[PDB]
J.: 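Below: one structure in structure tokens.
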Amino acid sequence: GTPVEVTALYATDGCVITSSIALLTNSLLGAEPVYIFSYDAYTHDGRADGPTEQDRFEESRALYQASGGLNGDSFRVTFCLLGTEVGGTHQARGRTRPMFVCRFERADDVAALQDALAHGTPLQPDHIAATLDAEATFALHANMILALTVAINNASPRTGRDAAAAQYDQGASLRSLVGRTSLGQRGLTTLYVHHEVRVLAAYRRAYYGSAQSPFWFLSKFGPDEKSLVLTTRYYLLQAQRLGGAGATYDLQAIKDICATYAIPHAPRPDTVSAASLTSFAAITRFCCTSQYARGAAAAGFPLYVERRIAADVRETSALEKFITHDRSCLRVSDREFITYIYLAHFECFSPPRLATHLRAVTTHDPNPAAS
Amino acid sequence: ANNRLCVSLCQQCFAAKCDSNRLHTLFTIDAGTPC
Amino acid sequence: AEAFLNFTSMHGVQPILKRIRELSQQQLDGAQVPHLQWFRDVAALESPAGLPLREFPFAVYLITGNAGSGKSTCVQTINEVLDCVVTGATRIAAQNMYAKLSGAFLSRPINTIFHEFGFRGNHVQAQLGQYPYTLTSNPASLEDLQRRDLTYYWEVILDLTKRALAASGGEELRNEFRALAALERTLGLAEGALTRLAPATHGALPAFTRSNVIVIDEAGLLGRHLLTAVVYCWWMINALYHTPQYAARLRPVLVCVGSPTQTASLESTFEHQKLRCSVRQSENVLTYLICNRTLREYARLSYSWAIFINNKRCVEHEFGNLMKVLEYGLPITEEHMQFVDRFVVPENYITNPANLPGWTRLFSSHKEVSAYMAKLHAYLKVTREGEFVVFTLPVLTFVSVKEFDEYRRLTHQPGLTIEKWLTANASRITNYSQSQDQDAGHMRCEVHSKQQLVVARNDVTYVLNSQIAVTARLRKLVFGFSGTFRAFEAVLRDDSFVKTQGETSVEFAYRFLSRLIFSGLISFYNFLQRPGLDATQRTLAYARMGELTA
Amino acid sequence: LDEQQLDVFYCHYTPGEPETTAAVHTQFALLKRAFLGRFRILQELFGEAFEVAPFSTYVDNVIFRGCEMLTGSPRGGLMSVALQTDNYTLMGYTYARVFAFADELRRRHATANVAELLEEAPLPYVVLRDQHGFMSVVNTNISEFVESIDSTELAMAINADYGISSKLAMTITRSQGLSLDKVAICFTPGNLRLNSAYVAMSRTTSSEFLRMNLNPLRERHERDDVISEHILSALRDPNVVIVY
DNA sequence: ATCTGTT
Ligand SMILES: Cc1nc(N(C)C(=O)Cc2ccc(-c3ccccn3)cc2)sc1S(N)(=O)=O
């Protein structure tokens, strides 16, 4: 068919920035295995006609066939970390930043990628080094090289030596420096070799907050298995790409909404336990083999998010309009006005009423047609 | 208080500095011992 | 549970976000942006009598509410969605805000508002308000109010302007942003592609060059003359570096969070000759914004106001009704008077140190607190119940003889006594305001020649095994102890202790923990010395520990 | 005490000085494993009686006499900064000398006379214990006072104290940025205002722990309703947002 | 009557 696109959030035990830079520069002296924590798969649209709610559900459920092994032949994967992109304007600000890109076409590469995505084994640096895409990988680290070069050379450029042949133009120094600098592998490798500390410090500021321990993830997105999988995947990856009406909500709201997505259960032979959170191996194996990461359970969360948000807003808006209209045209004293304000607001949003409303919007099936 | 009895002592003074025409409270004690 | 306690507070914050985002994107005209010549003109003045009339644009958004109503979730969502700068009016407020924000998802360090616009140590001892000013305009325009505010705060403003203009390499223009723009123009790239990466490569640039949305928390304790200064400072900085946002013609947006009822600000002054301290009340920022007519018309406060009601903690009826009556200024009836009669008790009951143990006493003076503390310390000795001891420690102050001579010469009045001057200046030499509530003894002073100094020495009394608080930023050194066995195991199991420290001494923390663990062995047999412990289980433990060690 | 009376693991294991990060991590992991194993063995041996056993471990040898602590030298131990929102306990005072504090005082302060005079006559340090139970030594509090008269600035005085406070009594103005659990108020007739009463009566969550010496609603007081009028008039505006 | 900003 067509290359399937994949976005992979990746992590490693150690210093992720140093290992990534060593991988990029080909200085195979600090590379380490990479663990894939979360991912999402999609196919290019190719058709403007917006499919109905029951068409995209089926199309998406056809991807995660029955074992988390995506259906396809050739794959295009983008490995990324935490951080916020700069220079872009939208409704909200981003939460992740791409790091590099690889293409898997051969049989061996496809088998390795499927094994990594199904069970959870780490990927050795050999495959990543061999399958890297140079033209697209280095289109990202293009302006940073120029900025770092200018900052390093920013020692006073007098450009007035004159003499016999040293009388280069005021603007000629920067022009020549730009011309002689290659915005590719060579420039980055030389800068790393000669100015390692400054380069590392500069890179650690564009990817703020990219080095966290497993307990941080467990505390933020856990402690439940269903939450730990679904909420992580939606909040970090799909929310910005899909860009619906739920892209301006914070993490607490998303967890609250997920609490109502009640679907059948099936206990596992065993769970994860403490004293193993010193590495990403146990958490990765636990997450990749879950039953919420494939099938019809993972193909129908975003639709429920949209439906629930719309259902809540529908009633909230009408109640607010009624209250405001009544408030704006009442002629009474202060005591009566305060009494009315608090009485109306209590009558609308008392605890039992909220409990009933919440019990009225609970689903027991991922299929939109059988909700 | 909740199902109890409250007994208080009050005074009214006729001096110019205190007030007069006004009632003042001195202390409050509980009287619920002999239920 | 915890799902229906956030239902109504998470659907009502969207309009606030929409309005703030709309406000923070409007563009100014080309004939309104302050130029860099205005500050050069100001820096070359001697008295505030030569200031002309000028305007500095800005915009505001108010968030007022009762204490305990839940206005923090708004800041949480704003930080998570928008790009802003979060500050605080004091140190406690900043620490609480950082705790919340970092406990939710993620955050950077949080500082005060004084550190943001360049407040130094010396400015703490300036004289505020010496030159007369009289409003001239019938309902004064914005320029009149701005000039009055700049005249009130003259010393700090002038010093900051001089320092900022001189420190920028004299007349050498800063090259942090200009070189990148020149290179981008030469190479023919998209606008803003290379300049916006300046903060990443330079790690000392101020935060006011990064965003134009400023959040001020607990703004009720700030004086009204600080609404202008901040604004002023912003423009100046952005005119010096020529930042990317200065070229797009944007203006600051100030989001002020507070409560206008249970908060006030005070101003004090010192009068020489008689050596007297005078304190009074003034206006704060929220009242300035709400009450003034010109500001109300300029900032359009009707479309930029959100109000939080409700209280989450009250579970009583009459108490809530009384609180509402007191807050909203309703008339007082006899039912409230009858209700409030349950809490009264004689004063001698309260002032006895043997009644109501562990309760806090609120007075209205610095002398009653001292008297009660002395009474309590005297009582804790003779009528001892154990596990409470009282001891004393010395404190001291050094003076300057030459500087005292100079001050006396400048102020005249040759006849002066060190004791009287020190007694008069008791409220200003110290660092914190609780120095007057301490139980201290008789004063004593001496003169040490050779070094030509005068030293005053005194004693202060403290209790043992009592809870205290640190009113300052002091460095501390950890040197042992971890509690009971279970607590020690729990602390060692999790790595949060490592993460709390900065990302520079992880190896140091590991080494310290390793040393403590190494010294933590032995003494197990002292535990085994418990009477009536065992006979053979001791040998079983011996064998087990030997096998484990092998 | 058997042949392994002193945990002969000591006499057969000598954990020498540390090394590069890898060696430090390996040693730390091995020590954690050993400590956890020995603790598990002992807990299985005895249990609850062992769980609450007293414990104390220090980098060096320390002794306590009355209200004083005698120790050799404070070598090692990571430095840190004390926060103003944390709770501590007053353990005592010590006369041990620390090089870091003295060197910092020499560095930051250019006043050599004060430093020398303090060196001739020393001051004690304060020893505290935090919530979790880690003994800490805290530095002294030094402040500088320079006056400004007319347009001249003169440095005049320096103060040296400890800078700790107790939450057992305070004024009413200070408590406007605090929260309490039990309160006992004390008004004074003659200068009573209603706002002071409102601020003082709202420091606690409930009314079961409140006391006072007079009734402020039956006495004479001053009122000023200017902000309340504006707030009430803003609630009838259809353009103001109200959040429950 | 009266508080808090600065490594
Ligand atoms: C049956 C009922 N329960 C009601 N609750 C829970 C409340 O008022 C809750 C509350 C709301 C605001 C405050 C407050 C406190 C200080 C300053 C301003 N405001 C206190 C408490 S209200 C009603 S009723 N009789 O109006 O319908």
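Each chain gets a letter, A, B and so on, in the order its sequence line appears, and its residues count up from 1. Determined via electron microscopy, 3.2 Å. Be aware that this covers only part of the deposited structure, with contacts counted strictly within it. We count ligands from 1, going down the list as the structure has it; atoms in each ligand are counted the same way.
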J.: Can you remind me what the drug at ligand 1 is called?
T.: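 PDB records call it pritelivir.
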J.: Which macromolecule is the chief neighbour of pritelivir by contact count, per UniProt?
T.: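 The largest contact partner is DNA replication helicase.
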J.: Which other chains have a heavy atom within 4.0 Å (strictly less) of pritelivir?
T.: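 Those with a heavy atom under 4.0 Å: A, C.
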J.: Any idea what organism chain C is from, going by the entry?
T.: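 Per the entry, it comes from Human alphaherpesvirus 1 strain 17.
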J.: Using the PDB entry, name chain A.
T.: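 The entry calls it DNA primase.
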J.: At a 4.0 Å heavy-atom threshold, which residues contact pritelivir?
T.: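 The heavy-atom cut-off picks out A:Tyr342, A:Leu343, A:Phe346, C:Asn310, C:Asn311, C:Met323, C:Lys324, C:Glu327.
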